[PDB]
> 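Here it is, the structure, as structure tokens.
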Amino acid sequence: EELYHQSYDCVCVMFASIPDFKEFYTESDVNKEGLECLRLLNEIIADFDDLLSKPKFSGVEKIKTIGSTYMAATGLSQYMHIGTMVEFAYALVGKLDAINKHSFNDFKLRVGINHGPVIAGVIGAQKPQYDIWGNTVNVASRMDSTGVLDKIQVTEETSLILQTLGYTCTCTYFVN
Amino acid sequence: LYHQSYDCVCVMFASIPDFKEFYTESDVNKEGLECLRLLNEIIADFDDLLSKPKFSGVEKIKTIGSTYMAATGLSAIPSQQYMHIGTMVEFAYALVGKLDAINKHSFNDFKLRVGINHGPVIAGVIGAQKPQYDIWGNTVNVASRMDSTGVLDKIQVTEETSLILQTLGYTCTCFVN
Ligand SMILES: C=C[C@@]1(C)CC(=O)[C@]2(O)[C@@]3(C)[C@@H](O)CCC(C)(C)[C@@H]3[C@H](O)[C@H](OC(C)=O)[C@@]2(C)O1
Ligand SMILES: C=C[C@@]1(C)CC(=O)[C@]2(O)[C@@]3(C)[C@@H](O)CCC(C)(C)[C@@H]3[C@H](O)[C@H](OC(C)=O)[C@@]2(C)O1
């Protein structure tokens, strides 16, 4: 009867998607009607998850995946954790790369990062899911969906905090 | 990669497209918390339909934000008519009626935008951390497309599924009803 909620302020949320994966996936003979593609995707995600085990990213929290899109976040308990999220996205790229050269593919990550206040919480009676709701999230997501392949799009606000840390963000502020 | 294969499963993407506009985070809004409570109320009410014998064959895959994803046909007892496609339409009507009972109690005017499609699907769990089950495939990406390109308060359905629906009794424009 009670809605499980906890508010957090200043959490960096990332939406790391592989926009060309929907084109790749095919279903027919060679693929086994899709099964070969899901295995690759399963391979890609499980490899990304493996980064979470690195002490370097002990503060990163995988929320879940939406299809091939990966959602993570630092801050679920200033700026260090915002810089950690950028290091994690770089780490996702490098893992996607190690996969592209083993599976003979050319996948590219399109990351969208943003920080701010958030409300984590569980919705629904059957099959309850823990999301991160809010505007900083819908904006983190917007950075991704309007982002650029192989690049990390970041809002004007977050770009500054990043500079405070050391990341030179190209001005539409991107980073690599 | 645990996976299973199913042929002919009706998958529905029932979304509330105006909810993103509604949501806000202010003084008179509890920085969003009041909105999540409404959404939590809307989803938990939808889930309550699954308990109806009428929909014992309906299975909730997940919700994506405010979007609800369900499906008939995943019943896994190695049996491989088009009744379960008609069940999915009855379930979407049922989501509308529950959304309505909520609009009149919370003084809102939310509208559901449903996308239904049937076909072969691969249910499976992906990811080491927070592994999550789904329904992958083209019938799914199409069920989804029916939703995302759908019309408020209407159920968009592909040419193929529209026919099966007529075989069952559903009036079909060029949208079930
Ligand atoms: C519920 C609120 C609102 C407005 C804000 C929000 O946090 C979201 O739930 C996120 C961003 C957020 O929950 C992260 C997951 C996902 C799937 C990316 C959501 C959707 O984009 C939602 O939009 C829809 C239409 O569900 C959105 C944007 O809706
Ligand atoms: C992984 C495969 C592929 C190509 C096919 C598929 O089944 C999907 O995973 C669904 C449709 C499917 O898993 C149902 C949930 C949701 C959220 C609707 C998925 C996304 O639209 C995926 O797209 C993305 C871009 O992640 C998509 C379409 O990607």
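Residue numbers start from 1 in every chain, and the chains themselves are labelled A, B, ... in the order their sequence lines are given, proteins ahead of strands. Start at 1 and go down the list; that is how both ligands and their atoms are numbered. Computation of the quantities below employed the complete heavy-atom set of this structure, encompassing side-chain atoms and omitting hydrogens, waters and symmetry-equivalent molecules.
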> Quick one: do you know the drug at ligand 1?
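The drug is forskolin.
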> Any idea which macromolecule forskolin (ligand 1) contacts most in this entry, and what the PDB entry calls it?
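Largest number of contacts: adenylyl cyclase.
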> Write down the other chains that contact forskolin (ligand 1) with heavy atoms under 4.0 Å.
A, B
> Which residues make up the contact shell of forskolin (ligand 1) at 4.0 Å, heavy atoms only?
A:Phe15, A:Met71, A:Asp131, A:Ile132, A:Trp133, A:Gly134, A:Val137, A:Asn138, B:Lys20, B:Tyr23, B:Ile64, B:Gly65, B:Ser66
> What is the closest protein heavy atom to atom 11 (C) of forskolin (ligand 1), and at what distance does it sit?
A:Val137 CG1, 3.3 Å
> Going by the atom numbers of forskolin (ligand 1), which of them fall below 4.0 Å from some non-hydrogen atom of A:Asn138?
11 (C), 28 (C)
> Atom 8 (C) of forskolin (ligand 1): which protein heavy atom is closest, and how many Å away?
A:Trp133 CE3, 4.5 Å
> Closest non-hydrogen protein atom to atom 6 (C) of forskolin (ligand 1), residue and atom name please, with distance?
A:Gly134 O, 3.5 Å
> Where is the nearest protein heavy atom to atom 13 (O) of forskolin (ligand 1): which residue, which atom, and how far?
A:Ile132 O, 3.2 Å
> Just to confirm my output: which protein heavy-atom neighbour is closest to atom 23 (O) of forskolin (ligand 1), and how far is it?
B:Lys20 NZ, 2.8 Å
> Which forskolin (ligand 1) atoms, with their elements, are less than 4.0 angstrom from a heavy-atom of A:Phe15?
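In order of number, 14 (C), 18 (C).
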> Looking only at protein heavy atoms, which one is nearest to atom 17 (C) of forskolin (ligand 1), and what is the separation?
B:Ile64 CG2, 3.7 Å
> Is atom 28 (C) of forskolin (ligand 1) in close reach of the protein, with a heavy atom under 4.0 Å away?
yes
> As deposited, does any covalent linkage tie forskolin (ligand 1) to a residue, and which atom would that be?
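In this entry no covalent bond is modeled.
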> Protein heavy-atom contact under 4.0 Å for atom 3 (C) of forskolin (ligand 1)?
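Neighbour list for atom 3 (C) of forskolin (ligand 1) is empty of protein heavy atoms (cut-off 4.0 Å).
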> If you measure every N or O of B:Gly65 against every N or O of forskolin (ligand 1), does any of those distances drop under 3.5 Å?
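Min N/O separation from forskolin (ligand 1) is not below 3.5 Å for B:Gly65.
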> Look only at interatomic distance and state if B:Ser66 has a nitrogen or oxygen under 3.5 Å from any nitrogen or oxygen of forskolin (ligand 1).
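N/O-N/O distance under 3.5 Å: yes.
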